[PDB]
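What follows is a deposited structure in which one can find cyclothiazide.
Residue numbers begin at 1 in each chain, while the letters A, B, ... track the order of the sequences. Cropped entry; intra-crop contacts only. How was it done? The header gives electron microscopy, 4.0 Å. What's counted below: heavy atoms across the whole structure, side chains too, no hydrogens, waters or symmetry copies. Counting starts at 1 for both ligands and their atoms, in listed order.
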Amino acid sequence: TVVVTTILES
Amino acid sequence: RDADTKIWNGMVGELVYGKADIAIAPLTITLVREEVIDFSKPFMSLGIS
Amino acid sequence: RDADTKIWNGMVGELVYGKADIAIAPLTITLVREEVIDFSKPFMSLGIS
Ligand SMILES: NS(=O)(=O)c1cc2c(cc1Cl)N[C@H]([C@H]1C[C@H]3C=C[C@@H]1C3)NS2(=O)=O
């Protein structure tokens with residue numbers, strides 16, 4: 001499973 | 001990069017230390033970041049406005 | 001690239017074959033060019049106007 005790391009911003 | 005500790009924190013520091021495989025993020029391409037990890041071609045343009 | 005003889009032409013053709021070490025040019029980053037020769041991040045932005 002490829003891990004996507006994101007930050008929470010509109 | 002925290003300057004004295006020379007550790008990367010955040011989404012890049014997750015990509016550096018092997019925890020994550022990719023990041024699709026509002027992550028601006030920077031010379032200090034380009035030395036430590038790879039980037040794709042940018043997908044969206046932005047400037048000071 | 002024209003597939004009549006499947007031969008590259010121009011500056012990229014000099015890049016692929018061996019005549020060119022680098023092509024600093026108005027050379028638009030595309031897909032069929034990226035597959036055969038490398039591009040960096042684009043140094044100048046533009047569009048159809
Ligand atoms: N002023 S400009 O339009 O020539 C221009 C164009 C561009 C600049 C900077 C300038 Cl000043 N840098 C951007 C940025 C995206 C990545 C490639 C170069 C930096 C990181 N690319 S761009 O879109 O090719």
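Among all chains, the one with more heavy-atom contacts to cyclothiazide than any other is, according to UniProt, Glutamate receptor 2.
Chains with a heavy atom under 4.0 Å from cyclothiazide: B, C.
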